[PDB]
Novice: 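Below: experimental structure, ibogaine bound to Sodium-dependent serotonin transporter.
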Amino acid sequence: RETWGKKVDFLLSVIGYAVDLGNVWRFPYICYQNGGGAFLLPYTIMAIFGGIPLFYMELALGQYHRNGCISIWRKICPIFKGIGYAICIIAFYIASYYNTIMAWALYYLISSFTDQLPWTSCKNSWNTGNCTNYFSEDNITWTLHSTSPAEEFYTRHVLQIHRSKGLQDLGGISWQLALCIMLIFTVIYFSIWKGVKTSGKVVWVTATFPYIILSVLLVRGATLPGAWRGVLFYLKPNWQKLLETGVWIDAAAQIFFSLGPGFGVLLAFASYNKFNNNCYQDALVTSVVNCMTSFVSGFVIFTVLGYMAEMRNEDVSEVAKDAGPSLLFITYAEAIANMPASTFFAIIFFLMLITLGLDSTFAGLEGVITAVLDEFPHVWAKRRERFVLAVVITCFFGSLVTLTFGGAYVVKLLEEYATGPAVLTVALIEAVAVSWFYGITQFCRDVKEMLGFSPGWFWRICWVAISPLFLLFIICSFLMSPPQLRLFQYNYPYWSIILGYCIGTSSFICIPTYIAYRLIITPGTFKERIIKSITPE
Amino acid sequence: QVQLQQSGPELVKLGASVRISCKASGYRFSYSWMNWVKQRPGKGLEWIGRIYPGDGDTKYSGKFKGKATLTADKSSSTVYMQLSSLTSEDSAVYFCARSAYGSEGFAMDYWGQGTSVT
Amino acid sequence: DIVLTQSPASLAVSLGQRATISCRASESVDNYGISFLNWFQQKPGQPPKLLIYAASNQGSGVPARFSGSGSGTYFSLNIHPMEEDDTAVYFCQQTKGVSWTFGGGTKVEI
Ligand SMILES: CC(C)CCC[C@@H](C)[C@H]1CC[C@H]2[C@@H]3CC=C4C[C@@H](OC(=O)CCC(=O)O)CC[C@]4(C)[C@H]3CC[C@]12C
Ligand SMILES: *[C@@H]1O[C@H](CO)[C@@H](O[C@@H]2O[C@H](CO)[C@@H](O)[C@H](O)[C@H]2NC(C)=O)[C@H](O)[C@H]1NC(C)=O
Ligand SMILES: CC[C@H]1C[C@@H]2C[C@H]3c4[nH]c5ccc(OC)cc5c4CCN(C2)[C@@H]13
């Protein structure tokens, strides 16, 4: 079986995977809504109790068996074999959601080469009538339909939403984004087609790239003190949101989305080496760095609005509240148009999203591909090169549901429901099985030898009580509080909300499905089927 | 509504220079794209160029760039055009055009009375 | 440059009958679901007066006689029974940059 080799080359694969575009959108867009600075205090308390146990669990269970994602449950609890297929099915939905976003950053990269970008003037190809973002000598007129050139650069240039009215009607097939889907899976194929050792000698420079972007990007914002006056009024103490829970339970879900365990990705990473006396160091560093990365990620975005809020003379609440994804594309686009430092930070910025775009696509794919190949020796022997390509042929087939439709209604729909009860139900069943059914007392017998110390006093309380505790609040509150979404002033039909609800519900139907086949085929009495199925007890 | 008033005519000489004017008013001149058009007896229309008071971006074609030079000043609320090195073929009438916005296809709604380049 | 042609060159539109004028072209100008093509109304001495927005939507200040529709590189300016005051030569506009061109023209008469 393959091996990683160098130490830091293994860690940086997890660093780049933990960082995600979702943390660039969900964290800042939700922070100010929950009181700004008052959102940071749950983010720290919920990360220690909520972020640590589920993160290291996939890293703990993977560093004990080294047999992929499906066959791993054949040893401890054979009844839970259906969790692997549940990860593969749910991974396909987010794949179509995640690859469509990369095409937008790639499409703007080709347009960023021009020195005179199409951001300072709405030319004769857009809805130029509503272009009213020009801070002249008191000549601004806010109206109901007033928009920005960056908004039209995002609302109709690439989306072309004016054609499609809703989910009841589809638009055209824009070949602009279709060419972008080729470049995405192109770079990902050459990395995985060669082997796993190629990751050790390719992506060890990509992890250092995006962290330098936030560094230089903050220095440019600090040139004028006018931007500093905005962040001061941004981080004021808004403690009224602590009592009223609202979406306080969602604040813990953002940490679960930031780290994102249970996808069989960290499992396949730790599936190639024991990592004796250095695995616990990888988890502790990844937690604190993600806590700082998301903080520095949002800290630089709102620093841009501080300068725009000066000339606008308006609260940051009214600006960029209609959607989450619309914040980044409209916020940064207005900065380079006003700042005289264009032609330099344009190309440097869009490569950040593309660099993180390739990281999670390659780092996340290794978990799904490593699973099925382990149980198929006739495929892993000779047909490894052909089978991995067959998975890529199915990937973009689902992505065309959003591109060919000509509308971002699949985007806003798959934001909450794809990562909603789908991932949550699968992640809960993993922790409940390893802890309650499988003897945790016997689990720490061998893991302490690899760690060099008894993991008690920190792991005995978390996985037992804290792990099934925080996970229960999201699933119950999500049903009792349907998050009615909106996209560019368009209320979804009630019947369409059931579509996103049944897909997320039916995504993990395989778990209760294959359990029945394994038990019905097993002869004997009812008690024997449980003992024969669950081997520890 | 329509206040696109040009200046008077001018005599054409071989190697002359003309300073055509147009009063931009009656609408938001600081957001639309002005244009110019040629017309002669027994011939059709033809596009000349484009300009924006505030930015100054101009794009030419149709062999007009050899002497075309558009200028605009947002403070004056006008738009000018300089055409040096004229000839007999340049004798025509020019209308002060104004295209609409993309909500309806960038159609030319308002027009001027026109000045005869005799 | 976008080529623009029109035919027939002279239409003898009698009183009480429709009209049909097309705008052929090489492109392929359909972008953003709004075909960049329009029609003007040029009389002797008067300036151009707009007729239709995007060759599909009737405009303000114009009678309800004018209309247009089609798909691809071939449209048609379907008009209601003509009135004697609507006599004017019509050109086909092109607003797709960078270069813009106008059609040849057709004389509409009785
Ligand atoms: C905001 C930052 C602090 C979080 C992201 C961490 C990255 C900077 C990555 C890329 C540069 C890396 C580091 C570069 C410097 C080294 C020193 C290096 O020293 C050793 O070889 C011994 C390590 C040990 O004693 O365990 C160990 C890895 C480390 C910390 C790397 C770990 C991971 C790092 C911190
Ligand atoms: C700006 O936004 C939209 C572009 O889709 C247009 O909104 C118009 O607003 C009127 C009045 O509320 C409504 O009938 C429709 O929503 C739209 N009608 C038309 C004819 O477009 C608007 O035209 C755009 N442009 C401007 C200058 O506002
Ligand atoms: C670290 C955060 C995780 C939690 C959510 C789901 C998960 C994930 N699942 C995938 C399956 C396949 C894929 O490329 C082929 C990429 C992904 C991603 C990337 C984005 N995030 C968000 C991760």
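So that the names make sense, note that chain A is the first sequence line, chain B the second, and so on, each numbered from 1. Counting convention: from 1, in listed order, for ligands and their atoms alike. The way this entry was determined, per its header, is electron microscopy, 4.2 Å. Computed over heavy atoms, backbone and side chain alike; hydrogens, waters and symmetry mates excluded.
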Novice: Where, by number or letter, can ibogaine be found in the structure?
Specialist: ligand 3
Novice: OK, heavy-atom distances under 4.0 Å: which other chains does that catch around ibogaine (ligand 3)?
Specialist: A
Novice: Per the deposit, which organism was chain A derived from?
Specialist: Homo sapiens
Novice: Give the numbers, counted from the N terminus per UniProt, of the transmembrane segments of chain A with a heavy atom under 4.0 Å from ibogaine (ligand 3).
Specialist: 1, 3, 6, 8
